[PDB]
Colleague: 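Structure of carfilzomib (bound form) bound to Proteasome subunit beta type-2 - open in front of me now.
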Amino acid sequence: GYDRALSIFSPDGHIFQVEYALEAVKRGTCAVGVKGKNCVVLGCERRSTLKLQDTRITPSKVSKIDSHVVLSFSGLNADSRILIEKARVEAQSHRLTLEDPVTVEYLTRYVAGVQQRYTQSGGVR
Amino acid sequence: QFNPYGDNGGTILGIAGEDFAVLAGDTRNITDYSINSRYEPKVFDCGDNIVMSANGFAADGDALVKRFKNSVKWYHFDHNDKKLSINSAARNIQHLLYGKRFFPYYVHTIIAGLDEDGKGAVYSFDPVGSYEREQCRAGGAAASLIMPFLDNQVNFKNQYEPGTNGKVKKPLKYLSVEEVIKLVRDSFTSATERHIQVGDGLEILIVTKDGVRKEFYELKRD
Amino acid sequence: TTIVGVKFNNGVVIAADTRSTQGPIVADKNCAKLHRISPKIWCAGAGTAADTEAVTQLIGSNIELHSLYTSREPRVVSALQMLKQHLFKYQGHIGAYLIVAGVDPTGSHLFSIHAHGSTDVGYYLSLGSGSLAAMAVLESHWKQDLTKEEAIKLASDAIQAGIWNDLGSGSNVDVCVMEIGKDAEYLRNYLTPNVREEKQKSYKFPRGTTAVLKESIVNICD
Amino acid sequence: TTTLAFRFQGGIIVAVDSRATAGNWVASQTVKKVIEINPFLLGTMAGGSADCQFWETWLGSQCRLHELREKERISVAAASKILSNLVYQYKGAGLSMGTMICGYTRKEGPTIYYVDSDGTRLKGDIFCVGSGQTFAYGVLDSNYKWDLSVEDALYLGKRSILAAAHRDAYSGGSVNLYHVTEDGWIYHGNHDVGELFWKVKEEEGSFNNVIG
Amino acid sequence: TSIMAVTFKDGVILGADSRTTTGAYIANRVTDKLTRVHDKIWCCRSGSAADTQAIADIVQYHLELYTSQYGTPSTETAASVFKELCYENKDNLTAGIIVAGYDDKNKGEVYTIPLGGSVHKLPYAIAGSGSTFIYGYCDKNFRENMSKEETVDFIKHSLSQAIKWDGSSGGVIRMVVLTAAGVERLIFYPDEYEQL
Amino acid sequence: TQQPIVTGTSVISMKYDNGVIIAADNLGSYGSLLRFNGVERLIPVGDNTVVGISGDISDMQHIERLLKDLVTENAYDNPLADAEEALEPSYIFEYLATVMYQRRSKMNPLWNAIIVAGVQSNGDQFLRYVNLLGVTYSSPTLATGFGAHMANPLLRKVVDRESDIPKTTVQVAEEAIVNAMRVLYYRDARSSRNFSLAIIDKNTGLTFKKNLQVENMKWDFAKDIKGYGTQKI
Amino acid sequence: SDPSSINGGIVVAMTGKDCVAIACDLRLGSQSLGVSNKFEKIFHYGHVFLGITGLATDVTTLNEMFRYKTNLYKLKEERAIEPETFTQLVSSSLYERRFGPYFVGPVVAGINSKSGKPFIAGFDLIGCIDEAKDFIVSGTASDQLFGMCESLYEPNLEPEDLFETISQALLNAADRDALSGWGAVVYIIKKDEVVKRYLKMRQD
Amino acid sequence: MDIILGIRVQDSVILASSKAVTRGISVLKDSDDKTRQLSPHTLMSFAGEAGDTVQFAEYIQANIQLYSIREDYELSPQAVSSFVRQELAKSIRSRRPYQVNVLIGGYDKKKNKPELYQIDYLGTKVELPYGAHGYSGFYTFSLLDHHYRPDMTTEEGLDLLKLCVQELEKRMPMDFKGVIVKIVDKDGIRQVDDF
Amino acid sequence: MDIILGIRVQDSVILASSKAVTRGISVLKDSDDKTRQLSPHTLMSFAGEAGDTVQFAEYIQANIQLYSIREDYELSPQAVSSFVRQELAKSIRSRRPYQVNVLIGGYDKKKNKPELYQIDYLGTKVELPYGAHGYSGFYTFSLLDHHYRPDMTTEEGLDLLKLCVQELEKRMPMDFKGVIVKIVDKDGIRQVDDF
Ligand SMILES: *[C@@](C)(CO)[C@](*)(O)[C@H](CC(C)C)NC(=O)[C@H](Cc1ccccc1)NC(=O)[C@H](CC(C)C)NC(=O)[C@H](CCc1ccccc1)NC(=O)CN1CCOCC1
Ligand SMILES: *[C@@](C)(CO)[C@](*)(O)[C@H](CC(C)C)NC(=O)[C@H](Cc1ccccc1)NC(=O)[C@H](CC(C)C)NC(=O)[C@H](CCc1ccccc1)NC(=O)CN1CCOCC1
Ligand SMILES: *[C@@](C)(CO)[C@](*)(O)[C@H](CC(C)C)NC(=O)[C@H](Cc1ccccc1)NC(=O)[C@H](CC(C)C)NC(=O)[C@H](CCc1ccccc1)NC(=O)CN1CCOCC1
Ligand SMILES: [Cl-]
Ligand SMILES: [Mg+2]
Ligand SMILES: [Mg+2]
Ligand SMILES: [Mg+2]
Ligand SMILES: [Mg+2]
């Protein structure tokens, strides 16, 4: 198996691969979240250099993780699918063992844990 | 077909007092109708004022004692020479036994010592790790002979105060080390009379705050 | 059981231990394994306790009737023949293993019988679970032309070997000496090397200890 | 063993005997068959003593880890399902367990779950488990109402174990009582059948089959 | 067991070891497996000690009753009585018997009766667990019309080898000589036969 | 799971005042067939230990190889291999006991009963038993197979307890062992007349005696025994 | 399906100074199910007492059989049967069914009316007599009874003291057996008076 | 066959017996009377192996009726129970034993007392205040231990019996199609038609 | 577990499942729901080995719910049944197979048709107008062969179902404590509370 430590510390105490991943997020289309007194709203930018698009079938920017939780993102589109899939699987797994849907904090903590694991695992960015 | 188990006979007995605890066991070792040894000890000082015996299939018994003795050693290494309490030892032994739940150690295990309040403590285990603290326990081949006698003489079961119309029970009290050793010796001489696998010698290990003392007595050799 | 038979100058001696077992439990600590078939023909029995007693009594009964019928003192070979044919008929299901010995007008005799009905002749024999321990002694110390006192010593030593080394045997040594021209002497408890030591404590209860619900006089008279 | 637990107006009653056997040999009369998992959760034990004792203490460790991770006491449903999923992994290996997970939480209220070693998991109001379960059912069912008082409910649980202790040869020793409320579990003493049987016989007038 | 019977010029000789076993324990090291059913008709016993004793006792009874009515029975007649018992009770018997006798008309004769209860008249016969190891030796060394001393040596050397290889055989080598002269018993101890 | 094919019978032994004695016959049985007669079942390790083995002979030869290799391994990087850091009887035993129990625990045993006899560096007598089950025990006298049933009773008449050991000389002890071997030849159907005997003394060291024979046997009384009951000729 | 341990029960007998005691539990069950707490296992024929443990149908059958035989004995002999003689009768009768036996563990107890000597005896299921100076035990808690009797017993106990010893032997033995208990009865037997006492014991 | 119960009260004996006859996966009948009148004041219920039950019951019935005609007299319940026990005690060591368990409820006219005897197929007899055969006992005995009193009336006994049937109908796996109840007292035997 | 039935009519699928959970000689529960909603228009009933049943049902439920979230779309009853069959077909050659039999009732919204699938533990799938598992079929199939028509209403189907339960309650040996009935149609899944 490919083992290389890609995410490593630099002399100044930075992990450049993690910091360069933030630059990819900065390149991505804007996403915004605002929560009211009785609701949350997720807003997302879509760039208009793409005409002749088919909006029926094109992947939507906001994804349902369960019937009560949603996930939007900024950055690499292909990368987001992997996180969304894992989150959706964990959502069903939680319902199965705890007999209760995930809290938003729990689902976030899981997704965040997956992201962290990819910062100190060999062979992955 | 190969049978991985055997029966080495013998019997063991643990009693707890106020500030002490005894763990006794006969020294005879057998297979079928033959005597292997007239003096083969099976009650061991394991350190930290814990005495232990694992009676039944001797090979499993020795293996277990060996593993627990080793567990005590590593407990010191990993936790700054901390004394392993009798309750902690008991829980540790449960995991040793249950670890082989699907290929069990064929033994009745008893340990004795002092609890963390200085009071006498006896714990007993089944072959797969269930345990319980008691004032009193007999184990092994003659357990069924000795145990009911202990219920009657240690825990005063079925004994009522004379003249009270069987209404007031005989009150529970701690026994002196002298009285306890009398009961142990009588228990084993009785067991030796009526059980063929019991005899030759009796070895008692007494546990106080001062340490672990030993006493030996002859038993009938037939 | 351990049982033996030894021939000497002017007759034959047989011996036996006195332990009766029930699995690993000693049922009888002083049972009689030496049986009288006729006044001067005696039997030592190992195996199923009821079978040895029943088969010895039946043949003993028929031997008495035969002796009265023929106006003759019974012969050992007659008891041997009647026992073996009875046991053979039952194909080993009657678990009687016997050492038959005695004196008669023909002389002194020593035989053994097995459950399936086979008989053996010898100057020294041993049967039972402790027969190997006993035979080891007999093979070590036996010689031709033994005296009465030497044969008793050898026989009892062979039983002792069983008592100490075989878990199936224990307690005391019974002996029967059958000499030519003399009455047979049955030596019940010839050796008692397994006396129970004084108990450490009297377990005499204070009167009233046991709780009672009802009392009543029982009528045994008519 | 005989163990029961039932739901009622004032919470949950849990009652167990204290006998342990190896065939016909009575091995112990003082076994603790209720396991205190936390101040709001109880577990009952029937079947193999090592299996029950080992895996229900293990269950308590898993429940502690839940409240450390989630900053919240585990639900009765989730606790029972940890145990049932565990024994299901060992299905066929020969584990022997009949357990009842009893407790109170805010979202659920008083709840009882039956969990056994062939993987059965059932929510319910009344269960009796063990070799003497039928004897306990007979008394419990015929006297059960939802509107029982705390005092009467405690007695019925005690009386049902006594019934089984008497008739079932593999049940006896003493009765251990527990009451589970919104505030947690409360221990209601060890009651030796030696004294309890005669006390109940005299005061209640029952057990006329026995020589008084 | 290792047993054999061998005809020769003057009659017949029977031979046997003296070992009786229960598993690997030797219950009797001085057994007599050569037994008299009539004055000059003897048999070698192998298999169950109980069965062979019971059979021999019945045969002895039959031949004693035969003699009372019809005079001395032939060796063939004795073998027939053994056969009748062994054949008709084949399901309940474990007995391998060699019958050997001396007539004055027929001289020495040997009949062997295996487990099934069949009868086989032979110049010499071998049987018992230890016989397997000496088929080769006995076939190569047997000659008809041997002398007494030659036949004694043949049996002694044969059973010596059978004893050496078979754990179920041992002790002394007993022999019984059947001739017109009478009946002679011979015994040979380990110290002699082991170093042959 | 195994079954033993070529087998060895009893191994007997005892302690005496200055050391230990051990003996075993030279037979390799193949069921009832007494197949091999030149089999040595006593294997010396160094000059202070003898391992006596009964049971399966293929497994015995495997154990021989292990002990042989143990001596080689102990010599590696060990300047005191023939002095303070030489192999003790207790080290050799504990190694075998560990192996025996591990093999039974894997349901693939070495089908043997083993007695390790020797003298420790401080002069103490060593005598301990181990078998296919991993069962271990020690006693003034030890024996395997039929020896346990017939030899032990005879040897225990000499040394019945611990206090009898100082009172027992090497002459008396060897006499008892040689007598026991005779009794086993009378009574064990899978025994041979030829045997080996080994003495390990704290003063005179290891003495290994080969090609011994059972002698002074009583067989003469056999001539008087006729029939099985009623027979007179 | 082990005939001797389907129903359960125990019997014990002891000797004292010019007296004998015989005691039994009252349980009759069907494996785990307790059925009856009034099932007495001790019977008497004149002054000879017989206790029987084991399969309950055979207990009943044998009682009826020995009542039958002792009644005919008394009519022909014109005297009550003695313990030594009755012991032989029990042994003969059991061995008659050698290859189809009654699944029982009988115990004889009584005082010989001529000599005044205390007598006890025990049997296995096929009739082997077990005589004893001290005590005889029988039933599903026989191991327990052996242990209790061997420690508690001393010779030449007075009737009142002997009662305490035998009662404690039975009670504590019964409490360690699942199939024994549910009440108990003790018979104290002197030369010409017999006292019968029911013991208070735990009912589980 | 399956469920047979019995309760002895102050002045009568009450027998309850299930109505179902099942073979395989089919309930062939739901009105079966699992009892026979042995004499005017003696009733026997039965349960066990198919065929054996009725064959045994009718055989006993014939023998008791024969006795009654011969002596012009009714045997006591105790005497009848002893006869039945002996027949089963013989049977258990036969080539093919009767696999039948019975309850015998009777009123002894000489003693003026009700009597209930429980006898299993081995020939194990006991007199009881209340009895059951098969798995029924595992529920009813503990229930009756609690609610039973020795001085109860026939009506109190029927209510006590209703309590048993309700418990069995709640916790028993099989549908036994209710029970036929019969009362035995000083006036003989009668059937309760509405239960 | 024991009794699970299914009837497909004109516009709906009706599933009936017994309420009893029995272990040994004790009915532990009489209100057990032996079904799981896989999707809004698909329902699965189940019966078989203890533990296996619920474990399998919930495992399938989790997988179908996962699919629904991923694709934002409901699988057709036919597609769900094929997925379930394959899982059981894998299982039967495993170290320890799922001993579970299932019925899958669904309403296909694209076809506007009700669908009933019967699948056993071996992975044997069939589409049927009416189905049953276990011993139930031995009574209900012949009954439905006679009384069933393809154009029946939901109400007619419930009456037809009552006829089945009545027959089972009459002839089945065990007390299964009635049934929970659920209907699957164009509007989804609902439970009949009074049956
Ligand atoms: C030595 C001690 C051992 O070989 C001797 O050989 C003695 C012989 C003397 C006493 C004549 N043997 C015994 O003591 C003998 C050992 C034994 C046990 C079982 C089978 C064969 C031999 N013990 C007995 O025979 C006892 C006698 C009692 C103590 C009075 N009997 C039993 O143990 C009976 C065996 C009966 C039996 C039935 C069918 C075939 C063979 C034997 N067993 C029981 O009593 C066990 N059980 C108790 C509960 O009730 C059911 C029976
Ligand atoms: C009622 C009282 C009876 O069913 C309850 O169900 C209790 C539950 C309480 C104690 C938690 N159950 C038991 O008492 C239980 C019954 C049982 C026995 C065996 C298997 C399953 C269920 N008893 C035990 O678990 C005992 C408890 C001991 C005596 C303290 N343990 C044993 O019987 C052990 C271990 C059995 C075992 C299980 C799995 C693998 C291997 C072994 N067995 C022994 O100690 C064997 N034997 C005892 C007699 O002495 C010789 C050795
Ligand atoms: C050689 C040894 C083999 O061919 C000889 O044939 C001799 C013949 C002489 C003695 C006439 N045969 C034996 O020694 C014979 C070997 C034998 C064993 C079993 C079946 C057939 C042949 N040994 C015996 O017959 C002994 C004699 C006793 C010890 C005095 N009897 C037994 O070994 C009995 C036999 C039971 C039997 C089995 C099958 C058919 C008939 C009888 N067996 C036992 O006692 C069993 N024993 C119990 C203890 O555990 C070890 C086995
Ligand atoms: Cl012979
Ligand atoms: Mg002893
Ligand atoms: Mg009980
Ligand atoms: Mg040989
Ligand atoms: Mg009890």
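Chain letters run A, B, ... following the sequence lines, proteins first and then strands; every chain starts at 1. Order of appearance sets the numbers: ligands from 1, and atoms from 1 within every ligand. Displayed portion only: the contact tally does not extend beyond what is shown. Heavy atoms only: backbone and side chains are in, while hydrogens, waters and symmetry mates are out.
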Colleague: What ligand numbers or chain letters correspond to carfilzomib (bound form)?
Modeller: ligands 1, 2 and 3
Colleague: Around carfilzomib (bound form, ligand 1), which other chains have a heavy atom under 4.0 Å away?
Modeller: C, G
Colleague: Considering the heavy atoms of C:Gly168, write down every atom of carfilzomib (bound form, ligand 1) situated less than 4.0 Å from one of them.
Modeller: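 Heavy-atom distances to C:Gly168 below 4.0 Å select 1 (C), 2 (C).
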Colleague: Enumerate the atoms of carfilzomib (bound form, ligand 1) whose separation from the nearest heavy atom of C:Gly45 is less than 4.0 angstrom.
Modeller: 11 (C)
Colleague: In the PDB file, under what molecule name do you find chain G?
Modeller: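 In the PDB, it's called Proteasome subunit beta type-3.
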Colleague: Side chain or backbone, does C:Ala27 bring an N or O within less than 3.5 Å of an N or O on carfilzomib (bound form, ligand 1)?
Modeller: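 No; every N/O pair is 3.5 Å or more apart.
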Colleague: Counting both backbone and side chain atoms, is some N or O of C:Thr21 under 3.5 Å from an N or O of carfilzomib (bound form, ligand 1)?
Modeller: yes
Colleague: For G:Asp124 and carfilzomib (bound form, ligand 1), does the shortest N/O to N/O distance drop below 3.5 Å?
Modeller: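 Yes, since at least one N or O of G:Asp124 sits under 3.5 Å from an N or O of carfilzomib (bound form, ligand 1).
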Colleague: Establish whether atom 33 (O) of carfilzomib (bound form, ligand 1) and some protein heavy atom are separated by less than 4.0 angstrom.
Modeller: yes
Colleague: What I want to know is whether C:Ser20 and carfilzomib (bound form, ligand 1) share at least one N or O pair that is separated by under 3.5 angstrom.
Modeller: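 Such a contact does occur with carfilzomib (bound form, ligand 1).
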Colleague: Is there at least one protein heavy-atom neighbour under 4.0 Å from atom 18 (C) of carfilzomib (bound form, ligand 1)?
Modeller: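 Within 4.0 Å: no protein heavy atom nearby.
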Colleague: Suppose I only count heavy atoms of G:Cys128 and a 4.0 Å limit; which atoms of carfilzomib (bound form, ligand 1) are within that range?
Modeller: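 With G:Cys128 as reference, the close atoms of carfilzomib (bound form, ligand 1) come out as 30 (C).
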Colleague: So is there a nitrogen or oxygen of C:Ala50 less than 3.5 Å from a nitrogen or oxygen in carfilzomib (bound form, ligand 1)?
Modeller: no
Colleague: Are any non-hydrogen protein atoms located under 4.0 Å from atom 47 (N) of carfilzomib (bound form, ligand 1)?
Modeller: no
